[PDB]
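Model: Branched-chain alpha-ketoacid dehydrogenase kinase / ligand 4-phenylbutyrate.
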There are 2 protein chains.
Amino acid sequence: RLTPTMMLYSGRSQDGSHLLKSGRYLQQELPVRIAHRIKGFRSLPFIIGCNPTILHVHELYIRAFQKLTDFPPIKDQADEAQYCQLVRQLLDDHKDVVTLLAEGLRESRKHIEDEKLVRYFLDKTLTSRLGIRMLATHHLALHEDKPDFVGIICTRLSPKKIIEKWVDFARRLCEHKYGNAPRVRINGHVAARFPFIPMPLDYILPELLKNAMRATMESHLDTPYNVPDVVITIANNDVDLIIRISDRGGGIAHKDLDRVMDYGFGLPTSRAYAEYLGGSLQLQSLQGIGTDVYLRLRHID
Amino acid sequence: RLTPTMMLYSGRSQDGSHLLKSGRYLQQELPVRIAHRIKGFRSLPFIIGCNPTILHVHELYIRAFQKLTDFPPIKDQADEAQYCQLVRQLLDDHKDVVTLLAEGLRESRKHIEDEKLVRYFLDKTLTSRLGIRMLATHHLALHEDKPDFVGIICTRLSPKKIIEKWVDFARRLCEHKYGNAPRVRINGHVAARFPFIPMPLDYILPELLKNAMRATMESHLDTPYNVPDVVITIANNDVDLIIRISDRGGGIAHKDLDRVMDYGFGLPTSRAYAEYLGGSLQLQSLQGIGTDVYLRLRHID
Ligand SMILES: O=C(O)CCCc1ccccc1
Ligand SMILES: O=C(O)CCCc1ccccc1
């Protein structure tokens, strides 16, 4: 049910009176959360906030906020229904945002004086963005009749099965560039099943696997046909879920340790999403051997 | 040669004129470093600093400082020689100190109001103590004719060989209580050899192995004859040395995470020695599976 500063509705109605309360809530919350993001764009240093791409994303939000406010209060099913259509448009229009931001800010490196100030902007924007798209997709999900799912929430989610999905996805991206990809072994609580929201995992994991596999391959150019396995370990307790990802790609060099976590661009975002959801994302480099990555995600309650 | 706030002499003389400079330095430095420790005892909260055991250790230092100052300047070989005899007495008299402290402070738990204040006292005392005993033993070591050793410094130290020593030591302590002990496998840079000082390792390692083995055994009471291996990984680069110690003893429970690193009593001391020498000691608990421990030690220069 609950989430940081927001609620994901666990409710059921044969007549769909839950979709009213859900949408009624969404229409109260969404505009507020968007507005907070607009203050954040306004607070940007002039020099940066002026860069056209940043300025475009800035506009997108103003547009979204207009559209949401303009939409009239929901008093019946048909309202809610057409509301869903908006949320769909919005989700599609903002789908490339994180990319735009990245380039908006890449163009804008030189004029960057205070780093902490932007890293904060990004964290607050990218994560606050997540929460929005989660809350939105949860709602749309309430219309689906999918089994084992209350909204976007799995009732019986297997960490193993979902890691495997992202593995095949990552193996493929990888094989294509290097001709091979490291075998991936998974141990620990591989039979674990429990209520959870795939969405966060759906961003983060392919990030970590892409790295694990990239580093592994990049360090064995001589023997791409025989590379050390990527070892994933799952630990499920009553507090949170840990997923450790071990690679043997010589680890992140000492100098790069600072630079790697700061905003190639995928780890800092993953750390942010993790912290946002009451979890974390820690690194252990073993220079000369490999890297171990620890992702913790709080259990839902 | 160098060390934090102190120098370990790399020098050679057929006539032993190095033992003069060495001792001349020791006799300048030792009294200063002891005096700093006495200010630390004086700064203790009255209530604690009054506890007889703390008071005894307090006295020991005053005694040591007397003895060192009283000893007359070294102008010849025979001076230095009898100086060595003092340092030997001192090293023996202060050998049980860390234990005394621990009990001095255990008796004194109730009257503890500011924790950070004592944890700091301990870190500064135990580590500053290390440096003293290192500097002292280095000197005495300069008299030995041992090959591959300049003082207490190994010229060709194998992390593997030294871990193995502490493993056999830990296996034994362990087998005695549980009847078995986990096999220990070592990977990574197992052929690494390089200049180093065994001493720090000689404290720390048996600590970590004792834990790795304790946890492993304590979690497999049903099958002590078949327990998951302890996996040690060595990573040697040009900056520092990493030793990772992985166990499968279900890890440190969430609640205990805070308590475990604070002053059973062996980890906090190990973290302190590590930091002191420009290294660190990090933990990764995987609740339900095990713990991974990362020890970094700067390379000598
Ligand atoms: O996703 C973003 O970039 C910002 C959110 C846009 C949006 C709002 C409400 C519902 C759906 C989407
Ligand atoms: O070891 C301690 O507890 C404090 C050091 C005592 C000592 C001083 C000089 C040389 C040898 C020993």
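Protein chains get the first letters and strands the later ones, always in sequence-line order, with residue 1 at the start of each. Excluded from the calculations below are hydrogen atoms, water molecules and symmetry mates; all remaining heavy atoms, backbone and side chain alike, are included. Both ligands and their constituent atoms are indexed starting at 1 by order of listing.
The other chains with any non-hydrogen atom less than 4.0 Å from 4-phenylbutyrate (ligand 1) are A. Counting heavy atoms under 4.0 Å, the binding site of 4-phenylbutyrate (ligand 1) comprises A:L30, A:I34, A:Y61, A:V87, A:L90, A:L91, A:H94, A:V97, A:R129, A:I132, A:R133, A:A136. In this PDB entry, no covalent bond connects 4-phenylbutyrate (ligand 1) with a chain.
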